[PDB]
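Everything below concerns the one structure shown next.
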Amino acid sequence: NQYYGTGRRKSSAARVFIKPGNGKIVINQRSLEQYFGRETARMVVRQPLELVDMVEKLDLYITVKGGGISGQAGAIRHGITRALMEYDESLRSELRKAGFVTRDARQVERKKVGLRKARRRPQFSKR
Amino acid sequence: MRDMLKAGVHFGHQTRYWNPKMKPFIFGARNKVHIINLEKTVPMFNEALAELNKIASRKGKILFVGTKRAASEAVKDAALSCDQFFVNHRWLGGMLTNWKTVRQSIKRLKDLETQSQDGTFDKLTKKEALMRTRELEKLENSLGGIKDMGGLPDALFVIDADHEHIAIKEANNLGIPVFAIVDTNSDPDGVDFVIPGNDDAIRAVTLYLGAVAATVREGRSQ
Amino acid sequence: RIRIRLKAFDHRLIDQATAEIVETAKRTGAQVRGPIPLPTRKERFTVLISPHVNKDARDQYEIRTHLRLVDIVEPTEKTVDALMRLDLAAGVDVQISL
Amino acid sequence: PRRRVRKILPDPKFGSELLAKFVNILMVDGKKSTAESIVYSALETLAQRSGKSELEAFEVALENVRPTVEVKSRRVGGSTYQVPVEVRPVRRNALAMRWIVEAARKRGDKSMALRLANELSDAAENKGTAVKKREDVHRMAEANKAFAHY
Amino acid sequence: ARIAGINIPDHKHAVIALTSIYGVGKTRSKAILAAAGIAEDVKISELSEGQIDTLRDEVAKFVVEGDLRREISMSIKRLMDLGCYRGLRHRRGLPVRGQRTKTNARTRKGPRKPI
Amino acid sequence: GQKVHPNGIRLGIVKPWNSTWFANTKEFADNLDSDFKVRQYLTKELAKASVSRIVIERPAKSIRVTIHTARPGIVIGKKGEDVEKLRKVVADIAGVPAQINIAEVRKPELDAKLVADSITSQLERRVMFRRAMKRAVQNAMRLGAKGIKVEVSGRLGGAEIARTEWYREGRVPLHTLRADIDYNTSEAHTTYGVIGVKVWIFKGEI
Amino acid sequence: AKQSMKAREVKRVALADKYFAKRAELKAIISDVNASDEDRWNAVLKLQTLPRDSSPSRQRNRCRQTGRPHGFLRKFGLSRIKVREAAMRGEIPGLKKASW
Amino acid sequence: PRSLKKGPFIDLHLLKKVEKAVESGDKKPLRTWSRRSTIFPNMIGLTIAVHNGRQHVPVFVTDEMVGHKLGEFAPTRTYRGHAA
RNA sequence: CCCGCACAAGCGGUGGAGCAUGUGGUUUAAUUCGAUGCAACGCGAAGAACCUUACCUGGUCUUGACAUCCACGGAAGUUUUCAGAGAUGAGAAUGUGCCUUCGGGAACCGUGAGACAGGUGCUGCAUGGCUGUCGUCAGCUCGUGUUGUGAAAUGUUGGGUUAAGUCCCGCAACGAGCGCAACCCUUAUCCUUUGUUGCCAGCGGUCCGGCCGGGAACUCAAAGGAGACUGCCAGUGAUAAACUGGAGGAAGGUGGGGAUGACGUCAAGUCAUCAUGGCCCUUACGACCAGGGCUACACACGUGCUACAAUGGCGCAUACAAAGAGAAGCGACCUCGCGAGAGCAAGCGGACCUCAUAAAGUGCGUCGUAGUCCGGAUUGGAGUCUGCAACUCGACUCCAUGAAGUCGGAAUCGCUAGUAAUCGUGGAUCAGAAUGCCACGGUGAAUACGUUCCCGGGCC
Ligand SMILES: CN(C)[C@@H]1C(=O)C(C(N)=O)=C(O)[C@@]2(O)C(=O)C3=C(O)c4c(O)c(NC(=O)CN5CCCC5)cc(F)c4C[C@H]3C[C@@H]12
Ligand SMILES: [K+]
Ligand SMILES: [K+]
Ligand SMILES: [K+]
Ligand SMILES: [K+]
Ligand SMILES: [K+]
Ligand SMILES: [K+]
Ligand SMILES: [K+]
Ligand SMILES: [K+]
Ligand SMILES: [K+]
Ligand SMILES: [K+]
Ligand SMILES: [K+]
Ligand SMILES: [K+]
Ligand SMILES: [Mg+2]
Ligand SMILES: [Mg+2]
Ligand SMILES: [Mg+2]
Ligand SMILES: [Mg+2]
Ligand SMILES: [Mg+2]
Ligand SMILES: [Mg+2]
Ligand SMILES: [Mg+2]
Ligand SMILES: [Mg+2]
Ligand SMILES: [Mg+2]
Ligand SMILES: [Mg+2]
Ligand SMILES: [Mg+2]
Ligand SMILES: [Mg+2]
Ligand SMILES: [Mg+2]
Ligand SMILES: [Mg+2]
Ligand SMILES: [Mg+2]
Ligand SMILES: [Mg+2]
Ligand SMILES: [Mg+2]
Ligand SMILES: [Mg+2]
Ligand SMILES: [Mg+2]
Ligand SMILES: [Mg+2]
Ligand SMILES: [Mg+2]
Ligand SMILES: [Mg+2]
Ligand SMILES: [Mg+2]
Ligand SMILES: [Mg+2]
Ligand SMILES: [Mg+2]
Ligand SMILES: [Mg+2]
Ligand SMILES: [Mg+2]
Ligand SMILES: [Mg+2]
Ligand SMILES: [Mg+2]
Ligand SMILES: [Mg+2]
Ligand SMILES: [Mg+2]
Ligand SMILES: [Mg+2]
């Protein structure tokens, strides 16, 4: 019936519901084109289905909260990947090879005392 | 004597490497090799077995120090058949002179030994249990012979005074009689009962080791 | 409905205090919704640690305020009696709302 | 570094990792969308002026800007000798793309897309400051051809 | 073209062209054009001489150019004559609005006068 | 270098807090100030009673003070008369009804504060610092400390140049967060000024 | 801090409590849109005549242990130095060294 | 500047000294430390000796001064140049 | 022989401009004191109008502003008047309580002694405590043994190896301690439990709003677990430690980040947080007050912010965060104002309410390379708010003004990845007063051949 995957990226979390269909993609009650202006974001979302060739064989219902454009697109990609592996477990190795199965664990590094940012140190002068 | 030279007690080391102090126990320099004088050997070998009996019939302890890749096996047998102690791998410098400390390594081995049999190992992790497993084996190679030896020895049967210069020097400091198979290429000065002998050939070593096995065993019999 | 909000600086205390509150209520003919773990407030403090200068030498401290919500639904009279005679650990702030 | 120890995602429109790298070199301040728009605008202009494809016309510009050899200040007692070193193929592209972008930024046309299309078309015909820097790098490598083997 | 005794740029949009007048910024410019019923983005060249006359009438409601220059000059003269703190700052060519003079104040002081 | 406070670093790991009340911001500073005044009063009043630790709870509209002491009988007094004096004064300071409990320190030689206070008492009576330090270390190790460190710093023996002297026996693994390191300090107010004492007592891991 | 400086703060807190209601009443009149210009004027003049130390803005938060007028934290009522000392002895409930 | 709804600030002690001075026609300078007081129309013609930190600077009040603070006419810092 | 953003390779800066800010200097009545190569200079100060405040000028007090003790009057208070800049002085109303053995008390006030109080006065080179620093560098030691007449050595060197005195092996050392690592926090995956204030997959609605029944799935919340060990595999290696790949896995070799700072070094910093030996002042070096100063300005240096534009400015439309704060507080909605704001006045001690709108982005339009539709300094006028009070010396708004600046010489700084760069957001301090500090997400690079050189360091 309905295959689910949670995906996360930076501070984004995506809830991806996949059912058999005809290439419908809804994201927060909006089309993929409406939700993401960026073609990179759109590419990121479509990557898993283009890889497995199920672009027009599956309807995706997606909700996504938190982070930004790229975070959300990456969260969605991770969610689709996980939904696809629930749908068909044979796809794992192909999706694994593409790098889509990994939860990208790169987060904003905290600001530290005595630094301007996480690593940016204040300007030194000899005297 | 005919069996001493069958065993190979007769043929000492090359003449290049000789210690001049061992010249009285060198009959020939035949074919670029010093040959140990057996007429000096046999009288001196029996007075060693004499004193080993007198020590072992006082019911003291012999330490069979022979830490070369050839006699490590036989010192770990000529002290088991004998019911005595051995060092068959690296003599830890300070085994006797620093016995107070080296006895704490004995105690740690015995803790680790119980842990291996009981399987407190099994309760600990791979990293932890296998580290204390390897620590057991390292302690056993060094101090396996001298574990049941809560006390400084009363004698120190040595093979090759050259190799066990540390052990002999320790025994000389503490006042323990050494019974060394002193070779032609080796210093006899520190040794108490010099046995002039080839100290390398397994067959030469086994012969000595069966005699010192008996004399101590016969000490214990009476 | 009795809404019980528990606050504490130690989560082990607050979990003990909720365990007792759900015990007393479920004994006494009440339907207990919870304990619901509400967001922990992490209140952070950064102090200079030198008495003088050394601005980059600092300690960062945190008070975590743990928060649990227990709702006692269709509460019995036995329920309300038993809840008031309970004695939770000192260290747990207990706010009751009806 | 003292101990020798990312993968660029291919660009959406054309599927090139080389053009993805080109966008990254053009990009400032993490503004990749802005950089993407410039490059795709420039490549449309470049594809329309040649009749060659966007990536094909890009490759022809890179062909003419890529250095084969460069100098490295390799200090070996007394003075420091500029030693001609073969540029490895990834660095050839890296330098070419960096020089094109550097050249395009120096130009006087209105938008960067136009500045970039002009520099790429100029690169293809061997008449820009990017091509000039490749020629400058080559002649300094030619002038120090004595100090190979170093 | 000629409003308030200055030549306004003919090529520029009216909203920008009128800011050539001393005393007309972006806000007043928008108000003048709103009051004249002229769109902001009409080039001054494209306006009829009827429309330029309406702009002259709207600009005349504000104090601009020499009239504004005399008001500002008189306002500073008043302070300097009073000998109030602000007056003294005007006289000495130092910041008048509390700013530091240990460093900076270069807009008021001009270029660095080396010792 | 400078070292983290051994108690502070272990506060949620192996080491409890000495104040275990909850408060919102409204009451928080007031409670800290009343706790300070209670600890100040009791520390002064029980200076000869070998008080290690004063734990303060605030259950509801009250204060509960546990006094950890090596000499509980002297604190409690004759049929609880002296502890009743403390309770009334604590109740005035806190401005709420007070309960005082007395916990016994069975082993004062293993209590870092009592060891520190013992050394500083001896230094104020002009005992040789090295003698006081060595006995403190000896006594703790005899009574089953897995290790102890004692540091004494200042004008030792009324020297003009201040110096730090320390002695350690056993393990004192200060980077091990699960190490039960009892740490405390004391000041000897001598004729030549302040000698600071620091005591670390390791009582095993976890 | 000096004993006198601590005493000044006590005086300021006491006066601010004493006159709080009067000051609030006068400032209500001064603020009020519907008040007379006479009543607002008189209220302006009256608020001046009250002790300056009755204004709460005259109070400086000081460390309640030392009187330090800098480095204060309101949560604790202490300077940064005394917060740290208390924190490390386990005397500030819940407070521990923070990492994240 | 002070919000118009609150009116101009003057210290009551100065306000009463000015009222007395005007009502008596007293032309002796009014000594004040109220630098923060607004100059009112009734002060016109009075000399007000305004404290500058160390001296009372005589300010002969003119109509142009009305609405300024008294302290504006009594500079507190002495400066005659660096190389003076 | 090794290592580290040390260099190289890169990317962005500083140095030039304006402004903010600290310092030096100079000035001043005072510009309070401290910090001074790295390791002082947006440092103590997490916020100087008054206060703070330590300084100056002047006005004042002398057992005192702040304690304890005694004696002698008085409840405490609350009102209010005059004089005075105020400190304070002189009054005038109005209380007459609380324990009570009915003798007293002791609440809180004078007032008189003098024992003392008081001191941000001096010495950080008399000190404690706390801190910086080499440096999170891999070191530093000890017992016993042994070597040397001895200072000392050995261990700790050596062969491999590691981020690491990390580990293995050898070895007159054998062990041990403090460091390294681990245990702690956080982050990345999953599971269990709980399900409101959070959630909405499937239902039933529906005003289209998780809005309402409901649901407990999912996001998430936060407790408890699981997970990563070079465990597995292959090769290499001394039948070693380890190393190089591979698999699986959310994660791989210390996964990322933090906390954690050995013995010691610099008589390093701090007697002005505090404490403290000694010294010094005591009708003054103490104390109170108003006003001024700490904000001065020929100038020099450090740290920043904003720019110089078109990868941009402006206008319009329109997406997507995280973290946090809040009761003398956060303050919605509505109304009024061009606006800062104001007036009403909900809600919220908070997953509920409020701050609060992310901005960069995207789309459309415009400007067309100009000292400009760049920049936003400076100055005039008019305001708002906080606050007894914004003259010296606040922040903010509106109108007007529209400076320098066209990418910065020698030199020099940061950074190796969710980093740099760039974009907003929040917090502490705080009545008000950030371009600083601390924190939070968004977008998101380049480059690293290498170790010759520069700097700091480790081992022989
Ligand atoms: C930063 N700087 C200026 C120096 C610097 O660069 C370094 C450094 N290590 O780099 C430093 O050491 C310093 O900072 C520092 O701390 C100094 C002192 O303490 C100090 C001191 O206190 C006394 N004291 C007395 O003679 C007291 N008296 C006894 C009789 C009466 C007077 C004498 C004395 F010469 C010194 C040396 C200074 C030097 C100073
Ligand atoms: K204009
Ligand atoms: K200024
Ligand atoms: K010190
Ligand atoms: K030794
Ligand atoms: K002192
Ligand atoms: K001032
Ligand atoms: K700045
Ligand atoms: K700068
Ligand atoms: K402009
Ligand atoms: K001001
Ligand atoms: K620059
Ligand atoms: K504020
Ligand atoms: Mg960031
Ligand atoms: Mg800084
Ligand atoms: Mg909150
Ligand atoms: Mg200013
Ligand atoms: Mg004091
Ligand atoms: Mg204040
Ligand atoms: Mg104005
Ligand atoms: Mg470089
Ligand atoms: Mg500059
Ligand atoms: Mg200064
Ligand atoms: Mg100093
Ligand atoms: Mg000083
Ligand atoms: Mg120095
Ligand atoms: Mg002041
Ligand atoms: Mg008066
Ligand atoms: Mg003093
Ligand atoms: Mg010092
Ligand atoms: Mg060493
Ligand atoms: Mg180690
Ligand atoms: Mg967990
Ligand atoms: Mg792998
Ligand atoms: Mg560690
Ligand atoms: Mg010094
Ligand atoms: Mg003052
Ligand atoms: Mg200053
Ligand atoms: Mg502009
Ligand atoms: Mg705030
Ligand atoms: Mg805000
Ligand atoms: Mg836009
Ligand atoms: Mg690095
Ligand atoms: Mg920023
Ligand atoms: Mg090393």
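The sequence lines fix the lettering, A, B, ..., with proteins before strands; numbering per chain opens at 1. Whatever order the structure lists them in is the order used to number ligands and atoms, beginning at 1. For the numbers below, each heavy atom of this structure counts, side chains included, while hydrogens, waters and symmetry mates do not. Method of determination (from the header): electron microscopy, 2.2 Å.
Looking at ligand 1, one finds the drug eravacycline. The name the PDB entry gives to the main binding partner of eravacycline (ligand 1) in this structure is 16S rRNA. Going by heavy atoms, the other chains that come closer than 4.0 Å to eravacycline (ligand 1) are I.
Per the entry, the source species of RNA chain I is Escherichia coli BW25113. Using 4.0 Å as the cut-off, the other ligands and ions neighbouring eravacycline (ligand 1) are ligand 26 (magnesium ion), ligand 36 (magnesium ion). In this structure, residues within 4.0 Å of eravacycline (ligand 1) (heavy atoms) are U36(I), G37(I), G124(I), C125(I), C266(I), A267(I), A268(I), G269(I).
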